[PDB]
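Structure follows of estradiol associated with Estrogen sulfotransferase.
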Amino acid sequence: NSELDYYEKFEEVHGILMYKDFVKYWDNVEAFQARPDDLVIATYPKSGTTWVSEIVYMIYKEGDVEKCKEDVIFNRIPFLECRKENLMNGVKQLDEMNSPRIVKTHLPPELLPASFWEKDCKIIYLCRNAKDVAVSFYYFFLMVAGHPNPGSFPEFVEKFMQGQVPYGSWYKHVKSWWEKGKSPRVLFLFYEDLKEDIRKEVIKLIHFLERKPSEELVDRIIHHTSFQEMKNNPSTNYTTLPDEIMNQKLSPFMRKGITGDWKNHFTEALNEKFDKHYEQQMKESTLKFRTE
Ligand SMILES: Nc1ncnc2c1ncn2[C@@H]1O[C@H](COP(=O)(O)O)[C@@H](OP(=O)(O)O)[C@H]1O
Ligand SMILES: C[C@]12CC[C@@H]3c4ccc(O)cc4CC[C@H]3[C@@H]1CC[C@@H]2O
Ligand code: NA
């Protein structure tokens with residue numbers, strides 16, 4: 001029944017569990033044609049995609065806030081593999097888009113369309129500690145259409161540890177992108193670093209994107225992309241979406257925006273179980289995360 005629910009909502013593509021709506025048109029994703037100046041923003045879901053996207057968009061627009069608010073973020077920065085009737089078609093939206101394109105994806109690097117690798121496109125990868133990701137993803141299941149009932153948080157965390165959620169194992173995702181992040185064309189970032197010292201990360205992003213980091217530009221980005229601003233900005237908070245797609249009365253997209261909400265969700269027993277499993281999955285990696 002829970003399992004039946006998951007069966008109805010998700011199916012695999014290249015071994016990765018995926019939203020069924022996306023899979024139907026996966027040939028369009030597979031065959032997607034990149035352009036050399038495309039920039040990819042890749043993340044495991046609920047890792048701060050929207051946050052870094054808006055930072056990047058600001059950098060592209062030299063901090064012109066009006067330009068950033070002209071259309072909603074999912075139109076400004078198309079969601080590559082996404083496909084929903086009329087509202088979203090990432091491939092279509094990207095095809096018609098003038099360059100320079102910013103491309104959002106949640107794909108593991110093994111599933112990124114070959115054209116992006118072939119054209120040597122720059123990629124920004126952002127990750128977030130798994131426990132906080134799990135919390136954020138849980139509420140996402142609750143409030144967004146296309147998800148099964150996630151049950152209780154402990155039940156959901158069991159599915160998360162097994163990678164039985166859309167986009168698959170968080171563990172394999174971050175580890176694979178960490179290996180890619182050694183390339184000079186791939187910038188590897190942490191949500192917790194953006195929380196701790198936003199100015200440092202913004203400046204890093206500006207240099208990676210080969211633009212000039214003035215104090216005024218950096219200050220405009222920092223306040224424009226702060227959680228309190230983005231929460232109330234209808235271009236970035238997904239509130240233009242109808243309730244039957246995202247029911248933000250249940251849980252808002254811009255939910256809390258902190259590091260450490262896991263502490264308010266994991267029980268002592270669940271934390272012990274998770275931590276032990278995590279160490280087994282991650283011990284052979286030089287990738288290290290902070291949970292506070
Ligand atoms: N400007 C910002 N500052 C801090 N966190 C942000 C943010 N914009 C979005 N987030 C957080 O990033 C998560 C959404 O990620 P994504 O864009 O990849 O779907 C949510 O986490 P929480 O549910 O823990 O609040 C959301 O609150
Ligand atoms: C496309 C949907 C709305 C947008 C949703 C979204 C929106 C943003 C994001 O980063 C991930 C996802 C995954 C699930 C998507 C949903 C699955 C069905 C629904 O129509
Ligand atoms: Na790199």
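Residues take their numbers from the sequence shown, with the count starting at 1. Atoms considered below: every heavy atom in the structure, side chains included; atoms not considered: hydrogens, waters and symmetry mates. Atoms within a ligand are numbered from 1 in the order they appear, just like the ligands themselves.
- The structure holds estradiol at ligand 2.
- Of the UniProt active-site residues in chain A, the closest to estradiol by non-hydrogen distance (1 Å) is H106, 3 Å.
- Taking the UniProt substrate-binding residues of chain A and keeping those with a non-hydrogen atom under 4.0 Å from estradiol leaves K104, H106.
- Organism for chain A, as given in the entry: Homo sapiens.
- Numbered from 1 in the order shown, with element, the atoms of estradiol that lie under 4.0 Å from a heavy atom of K104 read 8 (C), 9 (C), 10 (O).
- Distances below 4.0 Å separate heavy atoms of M246 from the following atoms of estradiol: 7 (C).
- At the heavy-atom level, UniProt-annotated 3'-phosphoadenylyl sulfate binders of chain A within 4.0 Å of estradiol are absent.
- Close contacts of estradiol with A145, meaning ligand atoms under 4.0 Å from a residue heavy atom, involve 16 (C), 17 (C), 18 (C), 19 (C).
- Proximity of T49 to estradiol is not established, as no heavy-atom distance is less than 4.0 Å.
- Residue-ligand proximity: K46 is placed with every non-hydrogen atom at 4.0 Å or more from estradiol.
- The distance from estradiol to the heavy atoms of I245 drops below 4.0 Å at these ligand atoms: 3 (C).
- For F74, the closest heavy-atom approach to estradiol does not fall below 4.0 Å.
- When each atom of estradiol is checked for a heavy atom of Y19 under 4.0 Å away, the hits are 13 (C), 14 (C), 17 (C).
- Contact annotation: for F141 versus estradiol, there are no heavy atoms closer than 4.0 Å.
- Within the structure, estradiol lacks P45 among the residues with a heavy atom less than 4.0 angstrom away.
- Defined by non-hydrogen atoms within 4.0 Å, the binding site of estradiol is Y19, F22, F79, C82, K84, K104, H106, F140, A145, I245, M246.
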